[PDB]
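Contents of the following structure include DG-031.
Chain letters correspond, in order, to the sequence lines: A, then B, then on. So for chain A, numbering is the PDB entry's, and the shown residues are 10-152, in order. To match the PDB entry, the residue numbers of chain B are left as they are there, and the shown ones run 10-152. Since chain C takes its numbers from the PDB entry, the residues it shows come out as 10-152. For ligands, and for the atoms within them, numbers begin at 1 and follow the listed sequence. As a basis for the values below, the full set of heavy atoms in this structure was taken, side chains included, without hydrogen atoms, waters or symmetry mates.
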Amino acid sequence: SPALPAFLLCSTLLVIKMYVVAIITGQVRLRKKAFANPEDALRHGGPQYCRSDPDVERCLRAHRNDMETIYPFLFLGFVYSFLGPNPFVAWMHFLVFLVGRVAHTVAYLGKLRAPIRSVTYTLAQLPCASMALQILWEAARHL
Amino acid sequence: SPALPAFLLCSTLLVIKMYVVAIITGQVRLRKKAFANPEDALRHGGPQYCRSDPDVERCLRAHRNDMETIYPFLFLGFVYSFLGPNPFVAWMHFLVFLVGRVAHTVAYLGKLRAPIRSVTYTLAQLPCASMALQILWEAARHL
Amino acid sequence: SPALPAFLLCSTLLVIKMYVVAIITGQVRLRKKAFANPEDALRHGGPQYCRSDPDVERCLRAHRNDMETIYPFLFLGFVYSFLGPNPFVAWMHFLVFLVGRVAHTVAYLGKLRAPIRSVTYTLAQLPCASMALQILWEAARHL
Ligand SMILES: O=C(O)[C@@H](c1ccc(OCc2ccc3ccccc3n2)cc1)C1CCCC1
Ligand SMILES: O=C(O)[C@@H](c1ccc(OCc2ccc3ccccc3n2)cc1)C1CCCC1
Ligand SMILES: O=C(O)[C@@H](c1ccc(OCc2ccc3ccccc3n2)cc1)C1CCCC1
Ligand SMILES: CCCCCCCCO[C@@H]1O[C@H](CO)[C@@H](O)[C@H](O)[C@H]1O
Ligand SMILES: CCCCCCCCO[C@@H]1O[C@H](CO)[C@@H](O)[C@H](O)[C@H]1O
Ligand SMILES: CCCCCCCCO[C@@H]1O[C@H](CO)[C@@H](O)[C@H](O)[C@H]1O
């Protein structure tokens, strides 16, 4: 598929981007001394450190939003790649998603003013919606 | 694959169904004035609106359950499609999952009496379990 | 693909492992009488049972970590299988992930001392990182 290399590049970068969030989460837990498990807290200073922290919670929300958005893209974009779309159009779909999602993480973890984060979220969803509809038509017509 | 069009139809509809939940979540946050981020709250009335809401939490639980169930289906159903199953049997697997999952969201967000939601959850898991076992046998025998 | 049977075996076992966590979660909710929904609580003893429980929360954290790690593997490992890697090397990637993830669930739900869980988490991520980089190179060179 001509679109597949671009899809695999963008998707893998987004998986790596999620791994970055996972690592940041751990770093914040250690720095802020905020653990979700007693066994963790007892290792890292005592039971008083089994507690919630706003920065940790923020990291978790960013990671969750990633899972809600990037995982569908992994599916939709893979299938879309094999439908034989216009190369440039396909690239635009993938680039809008990649840029939008990277911007989303920056806006979330960087605590940027509203509605920057929400805009990046919505924007990145648009190529996903587009791919979804295209797959729907292709699937339905092949029934 | 003869089963693949039906799989792609059901899967894409389920992705769209998850997007519907994502949009509803936002609508409920705005209507109930309940935001998870201070930057959101300050935009939408003040810091007192950085708060939890039962309806918002319900939306999040529905979306989470979707991610726990639909994402495995996206994987299992794709692989299963290429194993050359009986067309009608394959359709039944996909339809049970689709109907069960749509019913699940309705039961969750509609606050239907127990155990309606839990039944739909369990029911929809059954075709997934079936596909999983079939893939296990095929994979193992090809080792 | 020569690596594909091993990938499909390990992946399906991990999906089943996640289903086990889902079932355990339900069992713990019923045993500890801790429900997230009023409709559930009213069915199972009264409104006082709409409450949080540490064991339930632990189950949810284990399931969430699974979704953060196993879902990327489902994607990365599938693509990696088609890149024509060394059979034994591919097997090692998949086995390290499988063993690491099973150990992770045991360490989490079994409340094993730190840093056993965190080590298993980190260890299992290493083959994923490896596959991600390999896909990046292949994708980039095919642009
Ligand atoms: O939740 C936990 O178990 C801990 C924890 C432990 C390890 C973490 O990143 C590993 C990781 C994540 C992603 C990777 C991607 C590629 C390669 C290695 C990777 N490695 C994060 C949190 C925290 C709580 C106690 C101490 C920190
Ligand atoms: O969490 C947030 O960032 C906000 C928010 C912002 C946007 C939302 O839906 C976008 C969306 C979702 C799914 C889509 C699927 C297809 C096409 C467009 C799509 N667009 C939801 C919540 C809420 C908090 C502050 C205001 C609401
Ligand atoms: O959250 C809920 O809806 C309930 C609930 C209900 C059912 C559950 O496992 C089903 C399941 C899960 C995974 C499967 C995998 C294969 C085959 C059947 C499978 N079946 C768990 C929790 C709990 C709250 C009220 C009572 C328990
Ligand atoms: C893909 C991973 C991107 C990580 C984005 C990290 C954004 C760091 O941005 C930082 O955010 C802080 C608030 O959290 C601010 O105090 C700093 O001014 C800002 O530099
Ligand atoms: C795929 C998306 C399906 C959305 C299902 C929304 C269900 C709306 O159902 C509504 O639920 C309310 C309680 O929340 C009740 O007050 C109403 O009687 C009922 O109509
Ligand atoms: C793939 C699913 C694996 C489930 C792992 C369950 C681990 C059970 O392990 C149990 O944990 C208890 C604490 O929770 C301890 O009291 C027990 O000593 C221990 O046997």
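- Tracing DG-031 through the model gives ligands 1, 2 and 3.
- Here the macromolecule with the greatest number of atom pairs within 4.5 Å of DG-031 (ligand 1) is listed in UniProt as Prostaglandin E synthase.
- Other chains reaching under 4.0 Å from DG-031 (ligand 1) with at least one heavy atom: A, C.
- Applying a heavy-atom cut-off of 4.0 Å to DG-031 (ligand 1) picks out A/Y28, A/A31, A/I32, A/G35, A/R38, A/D49, C/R126, C/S127, C/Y130, C/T131, C/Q134, C/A138.
- At under 3.5 Å, a nitrogen or oxygen of C/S127, whether backbone or side chain, sits near a nitrogen or oxygen of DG-031 (ligand 1).
- Every atom of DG-031 (ligand 1) with a heavy atom of C/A138 under 4.0 Å away is listed here by number and element: 16 (C), 17 (C).
- Those atoms of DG-031 (ligand 1) that come under 4.0 Å of a heavy atom in C/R126, given as number and element, are 1 (O), 2 (C), 3 (O).
- According to UniProt's glutathione-binding annotation of chain C, the residues with a heavy atom under 4.0 Å from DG-031 (ligand 1) are as follows: C/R126, C/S127, C/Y130.
- Counting only heavy atoms of the protein, atom 19 (C) of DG-031 (ligand 1) lies nearest to C/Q134 CB, 3.5 Å.
- Per UniProt's numbering from the N terminus, the transmembrane segments of chain C showing a non-hydrogen atom under 4.0 Å from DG-031 (ligand 1) are 4.
- Among all protein heavy atoms, the one lying closest to atom 5 (C) of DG-031 (ligand 1) is C/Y130 CE2, 3.8 Å.
- Per the entry, the organism of origin for chain C is Homo sapiens.
- Between A/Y28 and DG-031 (ligand 1), no pair of N/O atoms sits closer than 3.5 Å.
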Enumerate the pairs of nitrogen or oxygen atoms, one from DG-031 (ligand 1) and one from the protein, separated by less than 3.5 angstrom; state names and distance to 0.1 Å.
| residue | atom | partner | partner atom | Å |
| --- | --- | --- | --- | --- |
| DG-031 (ligand 1) | 3 (O) | C/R126 | NH2 | 3.0 |
| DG-031 (ligand 1) | 3 (O) | C/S127 | OG | 2.8 |

